[PDB]
> 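Just dropping this structure here.
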Amino acid sequence: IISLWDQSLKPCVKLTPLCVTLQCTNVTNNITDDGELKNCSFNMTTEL
Amino acid sequence: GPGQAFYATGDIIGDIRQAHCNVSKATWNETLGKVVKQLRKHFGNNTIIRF
Amino acid sequence: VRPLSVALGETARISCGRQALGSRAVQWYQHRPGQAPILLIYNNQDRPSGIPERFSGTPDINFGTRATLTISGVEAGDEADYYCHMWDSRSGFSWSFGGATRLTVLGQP
Amino acid sequence: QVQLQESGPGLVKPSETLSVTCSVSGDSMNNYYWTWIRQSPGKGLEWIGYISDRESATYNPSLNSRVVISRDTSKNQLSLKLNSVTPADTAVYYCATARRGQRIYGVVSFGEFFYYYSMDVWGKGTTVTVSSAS
Ligand SMILES: *[C@@H]1O[C@H](CO)[C@@H](O[C@@H]2O[C@H](CO)[C@@H](O[C@@H]3O[C@H](CO[C@@H]4O[C@H](CO)[C@@H](O)[C@H](O)[C@@H]4O)[C@@H](O)[C@H](O[C@@H]4O[C@H](CO)[C@@H](O)[C@H](O)[C@@H]4O[C@H]4O[C@H](CO)[C@@H](O)[C@H](O)[C@@H]4O)[C@@H]3O)[C@H](O)[C@H]2NC(C)=O)[C@H](O)[C@H]1NC(C)=O
Ligand SMILES: *[C@@H]1O[C@H](CO)[C@@H](O[C@@H]2O[C@H](CO)[C@@H](O[C@@H]3O[C@H](CO)[C@@H](O)[C@H](O)[C@@H]3O)[C@H](O)[C@H]2NC(C)=O)[C@H](O)[C@H]1NC(C)=O
Ligand SMILES: *[C@@H]1O[C@H](CO)[C@@H](O[C@@H]2O[C@H](CO)[C@@H](O)[C@H](O)[C@H]2NC(C)=O)[C@H](O)[C@H]1NC(C)=O
Ligand SMILES: *[C@@H]1O[C@H](CO)[C@@H](O)[C@H](O)[C@H]1NC(C)=O
Ligand SMILES: *[C@@H]1O[C@H](CO)[C@@H](O)[C@H](O)[C@H]1NC(C)=O
Ligand SMILES: *[C@@H]1O[C@H](CO)[C@@H](O)[C@H](O)[C@H]1NC(C)=O
């Protein structure tokens, strides 16, 4: 199962450029939330 | 990418709730009790089983 | 203030600018000039006592339609400031009554 | 019958206090919640704050906490105090009840509901003018 799991992820997408400094703010909610939803905006390298 | 797309979570449409899992209390009580009756076999004739 | 005009003996729809971000529970208020306002429709489905059946509420279908107050058979006394007291699970506490669509009736004898 | 009658000064100078009462009759005081309503000429009906049976005054944040509201079961009337009053406060002052309905969208055990306040019974309303006039 472990070896069969990796062979299903290798052809998938890699997210190494994903985690940049994320300006995460709490989602549009009221008091008595718990968090658990971070609205993160970040710079991402496009196609070019 | 070129041609590599990070599927991200967009705006959540609708009401904001949290996930849960329901389990019939009538069955779960009865199920655990059936286990204690079997679990009491391996520890004394009668002992207090705590979950 | 949002102006709107309708003819006599016709049916009208009253909407507000706010959108139902999530599950909504709107209250409808009809403020006659000088006279005290009166709640017409609340809970999206219920009409308090002492109110004509000319107004029907907009039920909740988890999405889609906003607070659309359906005025069936508009009368002369319906010329007033209509308020859309909207409440939802996203905006939190609605400490404001929002912009009132002042509906006026034209073509009357 | 629930009769909400308001009485106030009517005229007031700037930087003063507007203390207007609201008498309720034909019913009890501990049945529902109470509030005031204001509306400036040209603006819409704005909410100033509401009080429940536990006397805890909750104010509208759109006025920078420049209002103090309270009620007295002795006179069975609803009081309302405003400090640092601006000339723009010349408006009509309504008085209405508040039926706090509980609208549920998720589960109750996780606190996935919310209380919406509904003004069912209103009052006639009294107008006050604030300016440098005497
Ligand atoms: C495991 O067990 C728990 C406990 O039983 C389940 O919890 C329940 O989940 C349901 C579904 O999420 C909740 O439903 C909502 O309930 C309110 C209140 O109505 C009653 O509430 C009691 C609890 O107080 C409940 O026992 C009753 O069965 C019943 O539900 C409803 O008003 C609400 O209606 C709808 O709300 C959605 C919100 O998005 C809305 O889109 C939809 O249109 C409905 O709107 C109503 O209101 C509008 C006006 O605004 C009106 O026009 C409509 O006609 C509707 O009246 C919804 O049904 C329930 O509260 C919750 N509580 C409990 C303790 O039961 C749990 O679901 C279950 N398992 C899983 C896996 O979920
Ligand atoms: C988390 O934050 C993001 C960024 O603020 C929120 O997304 C953005 O939400 C606004 C509305 O609040 C969108 O603006 C509108 O977009 C439409 C697009 O057609 C436009 O016609 C309107 O004039 C207006 O500009 C905005 O597009 C949207 N996205 C971006 C990239 O800014 C997001 O909604 C927040 N999370 C939640 C769940 O609210
Ligand atoms: C994307 O990159 C730009 C580069 O300028 C970031 O912009 C700066 O962000 C900081 C923090 O918010 C501000 O103090 C600066 O004034 C911004 N500069 C300019 C010219 O706008 C931007 O924040 C980045 N976005 C994210 C969220 O990664
Ligand atoms: C905002 O983010 C902080 C830090 O993650 C969290 O403690 C808080 O509960 C979030 N929400 C609110 C309503 O402040
Ligand atoms: C799950 O949902 C099905 C369909 O409503 C129901 O028959 C079953 O009893 C539910 N199970 C639990 C754990 O509530
Ligand atoms: C749980 O269910 C079983 C079977 O009905 C019963 O024997 C037992 O006493 C129940 N336990 C409790 C704590 O109710």
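Chain letters run A, B, ... following the sequence lines, proteins first and then strands; every chain starts at 1. Partial entry shown, contacts counted within. Excluded from the calculations below are hydrogen atoms, water molecules and symmetry mates; all remaining heavy atoms, backbone and side chain alike, are included. Method on record in the header is electron microscopy, 3.9 Å.
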> What's the drug at chains C and D called?
10-1074
> Which polymer chain sits in most contact with 10-1074 (chains C and D), and what is its name in the PDB entry?
HIV-1 BG505 SOSIP gp120,Envelope glycoprotein gp120
> Give, by letter, every other chain that has a heavy atom closer than 4.5 Å to 10-1074 (chains C and D).
A, B
> Quick check, please: chain of 10-1074 (chains C and D) with the most non-hydrogen atom pairs under 4.5 Å to chain B?
chain D
> According to the entry, what name goes with chain D?
10-1074 Fab Heavy Chain
